[PDB]
There are 4 protein chains.
Amino acid sequence: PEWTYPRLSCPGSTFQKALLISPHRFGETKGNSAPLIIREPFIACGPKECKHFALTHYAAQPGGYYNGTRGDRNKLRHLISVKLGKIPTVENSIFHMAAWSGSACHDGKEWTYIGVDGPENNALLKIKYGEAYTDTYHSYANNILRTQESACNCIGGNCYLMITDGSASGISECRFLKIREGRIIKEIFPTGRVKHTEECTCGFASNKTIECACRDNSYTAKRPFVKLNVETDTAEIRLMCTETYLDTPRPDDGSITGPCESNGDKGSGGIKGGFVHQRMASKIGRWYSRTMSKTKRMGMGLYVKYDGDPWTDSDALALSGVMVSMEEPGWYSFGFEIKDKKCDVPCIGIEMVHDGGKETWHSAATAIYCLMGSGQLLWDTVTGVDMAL
Amino acid sequence: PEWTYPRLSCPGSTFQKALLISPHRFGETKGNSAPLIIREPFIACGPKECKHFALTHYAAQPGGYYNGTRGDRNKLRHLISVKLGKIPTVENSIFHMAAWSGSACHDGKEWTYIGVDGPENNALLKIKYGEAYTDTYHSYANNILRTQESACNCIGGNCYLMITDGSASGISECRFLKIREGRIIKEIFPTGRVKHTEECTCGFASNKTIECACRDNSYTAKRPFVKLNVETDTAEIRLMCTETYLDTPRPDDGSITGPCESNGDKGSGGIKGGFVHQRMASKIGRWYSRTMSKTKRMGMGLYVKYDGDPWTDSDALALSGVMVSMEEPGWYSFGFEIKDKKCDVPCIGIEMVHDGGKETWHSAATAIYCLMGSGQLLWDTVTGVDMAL
Amino acid sequence: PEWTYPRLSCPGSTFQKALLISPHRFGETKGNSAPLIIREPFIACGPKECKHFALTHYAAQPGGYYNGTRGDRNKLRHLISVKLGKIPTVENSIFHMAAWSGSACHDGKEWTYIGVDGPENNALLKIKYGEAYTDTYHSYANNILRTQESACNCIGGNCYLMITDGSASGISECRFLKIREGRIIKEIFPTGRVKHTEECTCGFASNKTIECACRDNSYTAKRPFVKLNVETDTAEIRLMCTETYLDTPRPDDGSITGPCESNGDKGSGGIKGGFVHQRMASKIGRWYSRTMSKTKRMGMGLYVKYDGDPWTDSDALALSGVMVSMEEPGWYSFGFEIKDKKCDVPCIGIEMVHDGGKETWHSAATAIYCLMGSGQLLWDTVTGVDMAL
Amino acid sequence: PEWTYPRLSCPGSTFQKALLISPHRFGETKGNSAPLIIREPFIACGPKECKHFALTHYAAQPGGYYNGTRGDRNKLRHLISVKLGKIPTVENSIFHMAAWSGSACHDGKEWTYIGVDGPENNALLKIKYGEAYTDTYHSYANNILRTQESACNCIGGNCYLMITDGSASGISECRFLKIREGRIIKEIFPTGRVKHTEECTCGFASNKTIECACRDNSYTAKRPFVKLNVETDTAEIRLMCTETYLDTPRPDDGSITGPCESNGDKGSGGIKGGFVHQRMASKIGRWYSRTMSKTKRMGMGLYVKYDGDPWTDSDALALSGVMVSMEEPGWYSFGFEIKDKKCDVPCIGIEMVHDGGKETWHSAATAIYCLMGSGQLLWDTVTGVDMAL
Ligand SMILES: CCC(CC)O[C@@H]1C=C(C(=O)O)C[C@H](N)[C@H]1NC(C)=O
Ligand SMILES: CCC(CC)O[C@@H]1C=C(C(=O)O)C[C@H](N)[C@H]1NC(C)=O
Ligand SMILES: CCC(CC)O[C@@H]1C=C(C(=O)O)C[C@H](N)[C@H]1NC(C)=O
Ligand SMILES: CCC(CC)O[C@@H]1C=C(C(=O)O)C[C@H](N)[C@H]1NC(C)=O
Ligand SMILES: *[C@@H]1O[C@H](CO)[C@@H](O)[C@H](O)[C@H]1NC(C)=O
Ligand SMILES: *[C@@H]1O[C@H](CO)[C@@H](O)[C@H](O)[C@H]1NC(C)=O
Ligand SMILES: *[C@@H]1O[C@H](CO)[C@@H](O)[C@H](O)[C@H]1NC(C)=O
Ligand SMILES: *[C@@H]1O[C@H](CO)[C@@H](O)[C@H](O)[C@H]1NC(C)=O
Ligand SMILES: [Ca+2]
Ligand SMILES: [Ca+2]
Ligand SMILES: [Ca+2]
Ligand SMILES: [Ca+2]
Ligand SMILES: [Y+3]
């Protein structure tokens, strides 16, 4: 085997509904299954297999450790995986490492797994290459060192990973790590709008450039948009100029007055957002998702734009279809690419959390839409789950 | 590995009882298992493995989502598989894609999986090659785009698949897709009796010809019998002329008066029907199955005829044996071929549904009969399942 | 890969306790597991893997299909397997074929699986090579066609299998089948004492000879002892002359008066009995087991004799150790050989049935003793199972 | 494949928290899982996989055989394994052999599994190579023949294994076995302080030397420290001279007066103790663990020393971090090494037993710390388990 590289995307002009992973369809009192209580799911693929990752609270439904599964960082939290298509239950899953923030990626030869844990004021990112623990990176703003919550991206054996550190309601200047066979070989300090950037959903815009659509949890409902040159290992960041604000909460589209850099209103709070690339011979499509509701983690819609500079185009994004209706949950979303024989298939997954407050369990299903065929996005996704069962 | 082709069938002159997959033997209140609630089971094999496919309601027994498992098309429905011989439970199964109509096939190199979902008036057939979503085909009569509910058939890397679209009580003109590495490369429009054809059970009658025995749900209890030339990609369809009507409901054998094309009576309603080929040096056997009851989905008998043209022979089909007695359920049946070292073993599977009305769960067992040895078919199959447990 | 042959056994002069497979340790009401209800367990090994076979009633503990699991031949009965060392539960097992009597063996290249089902008066032995159903053999005395209930034996790709047919309290003249790549290529009709022989535990005494220790259920408590020449495909059968009667029930050792052929008393009833070969350069050891009790299926002892002719030696068999004490069940026992890198390891397995009458469940554990090291057999085996749980 | 040898350790200067295997997070009355009741866990790795071993009581939680799971040696006890990262439940585990004391190791080509069972006064160590039972070694001081309770160590296909025999409150002179392809090829009788030595945690200090840190249960709270030359097959043993006594119970550090050989006080009782090597070009680090409490099996601290002779250095060991706080259980600990592509990753596992007295169940979680990155050990481990559930 040899190193993997981004290829031209597979033919198609529309996303369609692909697969639902709803493991809680199986966590009834009256049932006999043990789906793991998770959140922050995400898929990463290699040349032969696609793995469905998530952060588990080390509990199952039905269980007796529902208390604290609405929290985020504890000492029991773990990065787990199953082959995509398998229900992530206690026995099906494999536990990779302790983590309350995670990522993973295949480089053609082997899986890199990333997972941050540690105290809040001195957390610690850890890297595992296949079976071996290989490296770590230390907290630099001493306020909750975090990572992508989605797939990292490897080119010629170099995996690139966003990490961030800083306040949730103040400065969270992010960084990128360059990782080779599990070991950190460069710190890349981005330039530009670096005020606050977290949970980058990165993908290859081409062999030269990784682009990421991130979360600002303090200042704006515009997504910070990262452009990384993987040949000079240089990174720049500016807000997305589009009127189609992709964060949640957000104000009305086009209502943020001023040039492309204006913050301005409803910018505190946020949400991880889907983003994936469709690479064609002489054209690039940028697919995105955002909640159907402006203030709440309900529904998910798919948007798209072809070419241009996202840093300057105020043009509205083309609404492509309703993936999760306003009546269903749509929490985190993320991009990934399945590898066909000679081309890459761009997909967007959606974390569809089952939220009943802190007095019960708290987990998520996963909805997957992929680029397949021509025409219009046809069907929405439901979890099917009743949380009283 | 190289592409697969139909071979001469293994020696034998009789079917025998081979295997029972009854996963609800294990879904008792008192038990500790989770068989998946399914219907439309079907088996397809490649050179080293036979996979047992079904359409699941994304529910298990015992569970709490029995309501709606007597329906057919919903947003939770999925194509699932296990290795044939494994009980399809929550953890053993792999979920392939969202589907309320399905098919699958191996071409020598890889698995093609076919699944239709979407709204009733604009459904959408989707194709997955191994792990990648590769292609789609759109609704053309805007009334419930359907596929085979059984194995597709690949020759020299070209998989051929029946699709139909149309009213259940009127015109449902079918089509064939020719699929190569997961992508559609030709639409084949059949000629002749094309009034209504659905759920074709197709097999290779040879290296030149796919033949299918199908359902007409409107007009006749004679099966539409499709002959597809895979060298010119041309398809012709006519009713089976035999007095041994294979659909359900049906009238008395021989009682449909007139030439081979006469409809005539009890033609509305139907059932998917077993059919598999026994290819000998200079002789072809055609094995079929049909319910033991004339109006109900009870029992299943095996029939056979050697040579001739099914389009013209009114000759009764030879009753070969009672596979499932009149006292047991016999719903859908389908054909498939296991690959021995140097020859192909023709088999017929039987969907044996556990029907207790819409106020309880609704799933199926799977009975398998294969061509093995000489003599007379010896033993019938029972599910052993009591639905009250 | 190439065909397998018997080799010289591994160094050692004593059996020791190896492994217990007691799946019902896990079938409590208060538990969350589903061990399969079985009987007639047996192990067969190939060059990389040892498989643990059993006949299942298609039920689990805890379940609701306990009624009829004390019977033997029904329509739900199946041959199942797990990798030796795995608990045979619903999900771990693979179902091979419908069978109420079975056997299996590896030939170096692939698994042959044998299973008889069918009506009592016209049962049917079926053969499956890997995934394919390949051949069948018909009932010849129209009274319960049966097979070994243990591993068949393959040499240079020819697997040899005892089958019997006939009354349980009268004549049951056995036969041997010679099987190549799943197909029957010769019927071998044994000569000599052929009055009644069933459940042969066969092994290779060398490259030229298969020997079997069998059950007579009518006439004697001496084991019929089969010697098969695999070079001329000829079989001969005579009672075992030893005073150490291996059947159950049996009279006192040495109390059957007359020459080696005398029946005489307590001969009706019987039990399948362990037997395995230790092949050394210029010496052959014959290891056997028999119940600790003379009339009941309680306890199991290991016996041994080096060289001689079992057909003529009235010498007592050397008592080698107590494998299951008189307080624990010892039902069927069987021999098998694990393959080390350059030598074969002879083993004896013991079916330890959990019997509580027909008003509850009826299954078995499996105790394994193998040839390992020097000295005296050290420890006995218990199921650990309380049947009220 | 070829034989494996100790390599230079991977870069790093600190241990960090890696993974928690807490299978009882899933053994609630309210749940639907079956973790196995175990103790004496330990990990051993080969070139592609790390296996998590334990000694099971052949019972699960929840279940009905909690009585006797606080004992140690019974006839049901087994050596079991899962792939490290998998929860050891009934179905995930593989049962290797009956054992109430165990070890295992990869040699580059295959797994050796070691397991002692038998009566107290004539126990029996058994060896299995892959699938085959290959050899045994007999009790020599007729008082509980014991082995390491952790990974053996293979160099050039020779696996070396500590065994001990003797009273728990008197003389237990240990021995080493040298095992090749599952067969014993040399007995090594150590010299020096051989009064009492059990449960050696051995690793390669280099290509020439295995070193072990062991338990004296009678005489001292200093660990016996074994140095084995694998080129001349000679072993020597002396107390560790450090003031940082690693056993439990123990007195105050430095308070044992006299030279390096002084016993003296609180020496009865003991605990198996973590110990792993960090091999650098021209420097060796020795990492150890010991309970946070002086008398109780509570907490676990990581210690380290670079170079010197542990037989003579009274220097205090460097306290490196708190792995399990005083509030959590810290029973047995052990060392092991994961294999990265070109270097070995030293790790220390911690048995974190759930002890509620003999009137309830008794099993353990497993905490893993590995050498990864630079800086200070950052986070402690908790089981998360409430034993009332
Ligand atoms: C750390 C700040 C960040 C934004 C508030 O918290 C995230 C919000 C979450 C959320 O908004 O869904 C869930 C994440 N588990 C959480 N992250 C971590 C690493 O704990
Ligand atoms: C669309 C009508 C058609 C036959 C009239 O429905 C089928 C009948 C069924 C049946 O005849 O058993 C069950 C099938 N699950 C169903 N098909 C779909 C695709 O939903
Ligand atoms: C045909 C009778 C014969 C001996 C009495 O049968 C065996 C007896 C049995 C027994 O004595 O345990 C159990 C076996 N399952 C049984 N075989 C069948 C095929 O039913
Ligand atoms: C035999 C003496 C030894 C030290 C007292 O006992 C050990 C005590 C234990 C303990 O002290 O944790 C657990 C061990 N499972 C047990 N050993 C065996 C091999 O059965
Ligand atoms: C990227 O580079 C590799 C060669 O290194 C090439 O095979 C691949 O086609 C290129 N990808 C794109 C998207 O051009
Ligand atoms: C079909 O063609 C292939 C060669 O392409 C051949 O190997 C096979 O035997 C043929 N099958 C039949 C049924 O004639
Ligand atoms: C049996 O024959 C084969 C060669 O065909 C040989 O390799 C093997 O050692 C022989 N077995 C015995 C037990 O002599
Ligand atoms: C040990 O020896 C082998 C060669 O046999 C070598 O490859 C390896 O690097 C050596 N290990 C150390 C720690 O020096
Ligand atoms: Ca925001
Ligand atoms: Ca009809
Ligand atoms: Ca008898
Ligand atoms: Ca001590
Ligand atoms: Y399970």
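The sequence lines are taken in order and lettered A, B, and onward as chains. Using the PDB entry numbers, chain A covers 78-466, in order. Using the PDB entry numbers, chain B covers 78-466, in order. Throughout, chain C uses the PDB entry numbering, with the displayed residues spanning 78-466 in order. Numbers in chain D come straight from the PDB entry, and the residues shown are 78-466, in order. All ligand and atom numbering here is 1-based and tracks the order in the structure.
Located at ligand 4, the drug is listed as oseltamivir carboxylate. This structure shows the largest set of contacts to oseltamivir carboxylate (ligand 4) coming from the chain the PDB entry labels Neuraminidase.
Contact chains for oseltamivir carboxylate (ligand 4) (heavy atom under 4.0 Å, other chains only): D. Distances from oseltamivir carboxylate (ligand 4) to the non-hydrogen atoms of D/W408 include no value under 4.0 Å. Of the candidates D/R150, D/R154, D/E226, D/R150 brings a heavy atom nearest to atom 6 (O) of oseltamivir carboxylate (ligand 4). Heavy atoms of D/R116 come nearer than 4.0 angstrom to oseltamivir carboxylate (ligand 4) in at least one pair. Numbered from 1 in the order shown, with element, the atoms of oseltamivir carboxylate (ligand 4) that lie under 4.0 Å from a heavy atom of D/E275 read 3 (C), 4 (C). For atom 7 (C) of oseltamivir carboxylate (ligand 4), the nearest protein heavy atom (residue, atom name, distance) is D/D149 OD2, 3.9 Å. Remark: minimum distance from atom 5 (C) of oseltamivir carboxylate (ligand 4) to any protein heavy atom is reached at D/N294 ND2, 3.5 Å. Residue D/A245 approaches oseltamivir carboxylate (ligand 4) through these ligand atoms, each under 4.0 Å from one of its heavy atoms: 2 (C), 5 (C). For a threshold of 3.5 Å applied to N or O pairs, the pair formed by D/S178 and oseltamivir carboxylate (ligand 4) contains no separation below that value. The D/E117 neighbourhood of oseltamivir carboxylate (ligand 4) comprises atoms 13 (C), 14 (C), 15 (N), with distances under 4.0 Å to a heavy atom of that residue.
Taking a 4.0 Å cut-off on heavy atoms, D/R292 registers as neighbouring oseltamivir carboxylate (ligand 4).
In this structure, atom 19 (C) of oseltamivir carboxylate (ligand 4) lies nearest to the protein heavy atom D/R223 CG, 3.3 Å. Protein heavy atom nearest atom 9 (C) of oseltamivir carboxylate (ligand 4), with residue, atom name and distance: D/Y409 OH, 3.4 Å. Put simply, part of D/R374 is less than 4.0 Å from oseltamivir carboxylate (ligand 4), judged by heavy atoms. Counting heavy atoms under 4.0 Å, the binding site of oseltamivir carboxylate (ligand 4) comprises D/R116, D/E117, D/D149, D/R150, D/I221, D/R223, D/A245, D/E275, D/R292, D/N294, D/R374, D/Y409.
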Are there any N/O pairs under 3.5 Å between oseltamivir carboxylate (ligand 4) and the protein, and if so, what are their distances?
unit_1, atom_1, unit_2, atom_2, d
oseltamivir carboxylate (ligand 4), 11 (O), D/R292, NH1, 3.3
oseltamivir carboxylate (ligand 4), 11 (O), D/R292, NH2, 3.0
oseltamivir carboxylate (ligand 4), 11 (O), D/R374, NH2, 3.4
oseltamivir carboxylate (ligand 4), 12 (O), D/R116, NH1, 3.1
oseltamivir carboxylate (ligand 4), 12 (O), D/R116, NH2, 3.3
oseltamivir carboxylate (ligand 4), 12 (O), D/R374, NH1, 2.9
oseltamivir carboxylate (ligand 4), 12 (O), D/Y409, OH, 3.2
oseltamivir carboxylate (ligand 4), 15 (N), D/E117, OE2, 2.4
oseltamivir carboxylate (ligand 4), 15 (N), D/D149, OD1, 3.0
oseltamivir carboxylate (ligand 4), 15 (N), D/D149, OD2, 3.4
oseltamivir carboxylate (ligand 4), 20 (O), D/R150, NH1, 2.9

